Amino acid sequence: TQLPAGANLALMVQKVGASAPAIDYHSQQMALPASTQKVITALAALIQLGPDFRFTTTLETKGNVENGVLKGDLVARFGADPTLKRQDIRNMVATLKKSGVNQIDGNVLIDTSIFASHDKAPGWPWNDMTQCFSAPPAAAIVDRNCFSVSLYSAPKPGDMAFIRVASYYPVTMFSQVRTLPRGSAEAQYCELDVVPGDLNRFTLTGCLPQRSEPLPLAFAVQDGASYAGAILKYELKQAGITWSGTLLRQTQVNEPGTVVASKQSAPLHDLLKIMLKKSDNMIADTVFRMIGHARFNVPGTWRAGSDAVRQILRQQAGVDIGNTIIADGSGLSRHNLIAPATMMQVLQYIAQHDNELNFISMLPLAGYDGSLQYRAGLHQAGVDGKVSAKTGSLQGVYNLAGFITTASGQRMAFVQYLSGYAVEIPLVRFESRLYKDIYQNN
Ligand SMILES: *C(=O)[C@@H](NC(=O)COc1ccccc1)[C@@H]1N[C@@H](C(=O)O)C(C)(C)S1
């Protein structure tokens, strides 16, 4: 340990297929897994949904089309596809038009019944909810439910800073930001804040020091259904389709209408690969609630996802996670809690079934891709191209979970759970020593 005063390490290193570990340091102690949770999410997803699962979104008609008039409702059934884009909506609407519908004598329903309850997992800090990495992974996603904004200081200090936003983003921005004389010391404790409101309103408050250039800001959409509905409304109007009713949310499970247009995501194995390479929280969390929906045939919720993942691990993978707490798929939640010894059983299962799962090729390869392209510790250990592992990074948490091929060619699984990390290169020195050790001595 080259580690800062008071950091907490739980570490286990074990040959693939071996029954005893080579390194065992507090391996039974529960810890915050952060994004290494995604290893569990990917395995349960492959087992439950399979590599060829695709998310799907449809436009459905309920009623007869007479003389180009739908006598009934248009239903836009969202399916938690994390990769759905504005263009996909525009294309599905183009297809609707081409099918013969010019007018809807009825309502436009934004159907999110695939999921229920909150779009935010237990244990997610409230303060990060407006940041894109923590965007609520709702059933209705368009362009990752993230949008950007430019904040301009006013030429006269004391005047309102002003917001520029692209006109297509259906959000409502208000500025209550005071522009400060670019020296004086309201600047020290006057915060610049974002305050979300209902229906995708955002108010910027506080102070902004004079700047020559505008401040770029990216925010998370809080109400995906409303956002997706406004985009749909816009695309309908552009395509010349009129309607007499209003846009309504449909949350209760219901029989599908006639599918007039659809979009399916890339295959799940492809999505899980992005997820593990890049640590994509939104893919992990839409997958997570999908798992529960598919296993129990109920609208997907965080609790059903948690129950399902535990059941899948125990029953299909032979891993009893015991008192482990699984709160989400991404590892964002501070309620996730698992011991290296438990994550080790998952890793051993994966290595044993890797020819079936094609799992290890999806993990970041040190020195090549994803989160490990340049991890100084690993590069300096001389283990580039020898480590395939998932990172887990949160405020003062630096985890790694995966596989290393050692100097003798032995594959070893490892779990490094390092937290309570706080500062007044210790990591880099720690990692370069440890992985050089593991590689060289095994
Ligand atoms: C998994 O650990 C995820 N981490 C987060 O969502 C939040 O990450 C941080 C928050 C505060 C301070 C430091 C990190 C995913 N892994 C991250 C990573 O850096 O790879 C991420 C930001 C891409 S999200």
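Position 1 is the first residue of the sequence; numbering continues from there. Note that ligands are numbered from 1 as they come in the structure, with each ligand's atoms numbered from 1 the same way. Only heavy atoms go into these numbers, but all of them, side chains included; no hydrogens, no water, no symmetry mates.
At ligand 1, the drug present is penicillin V (bound form). Of the chains near penicillin V (bound form), the one making the most contacts is recorded in UniProt as D-alanyl-D-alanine carboxypeptidase DacB. Remark: penicillin V (bound form) and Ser279 share an N or O pair separated by less than 3.5 Å (distance only, no angle test). Bonding summary for penicillin V (bound form): covalent, to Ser35 OG. For atom 17 (C) of penicillin V (bound form), the nearest protein heavy atom lies 4.0 Å or farther away. The proximity of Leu394 to penicillin V (bound form), defined as any non-hydrogen pair under 4.0 Å, involves the side chain as well as the backbone. The deposit credits the origin of chain A to Escherichia coli. Checking only distances, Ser393 does come within under 3.5 Å of penicillin V (bound form), N or O to N or O. Within the 4.0 angstrom cut-off, atom 21 (C) of penicillin V (bound form) has no protein heavy-atom neighbours. Looking only at protein heavy atoms, the nearest one to atom 2 (O) of penicillin V (bound form) is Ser35 OG, 2.3 Å. When only non-hydrogen protein atoms are considered, atom 6 (O) of penicillin V (bound form) lies nearest to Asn281 ND2, 2.9 Å.
Which parts of penicillin V (bound form) touch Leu332 is read off a 4.0 Å heavy-atom cut-off, strictly below it: atoms 6 (O). Of the protein's non-hydrogen atoms, the one nearest atom 11 (C) of penicillin V (bound form) is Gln395 N, 3.9 Å.
The shortest N or O to N or O distance between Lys38 and penicillin V (bound form) is not below 3.5 Å.
Using UniProt's active-site annotation for chain A, the residue nearest to penicillin V (bound form) and its heavy-atom distance to 1 Å are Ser35, 1 Å. Heavy atoms within 4.0 Å of penicillin V (bound form) belong to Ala34, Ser35, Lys38, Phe133, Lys278, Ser279, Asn281, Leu332, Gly392, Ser393, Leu394, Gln395.
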Name each N or O atom in penicillin V (bound form) that is under 3.5 Å from a protein N or O, and give the partner atom and the distance.
residue	atom	partner	partner atom	Å
penicillin V (bound form)	2 (O)	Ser35	N	2.8
penicillin V (bound form)	2 (O)	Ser35	OG	2.3
penicillin V (bound form)	2 (O)	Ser393	N	3.1
penicillin V (bound form)	2 (O)	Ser393	O	3.1
penicillin V (bound form)	4 (N)	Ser393	O	3.1
penicillin V (bound form)	6 (O)	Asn281	ND2	2.9
penicillin V (bound form)	8 (O)	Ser393	O	3.0
penicillin V (bound form)	16 (N)	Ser35	OG	3.4
penicillin V (bound form)	16 (N)	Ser279	OG	3.2

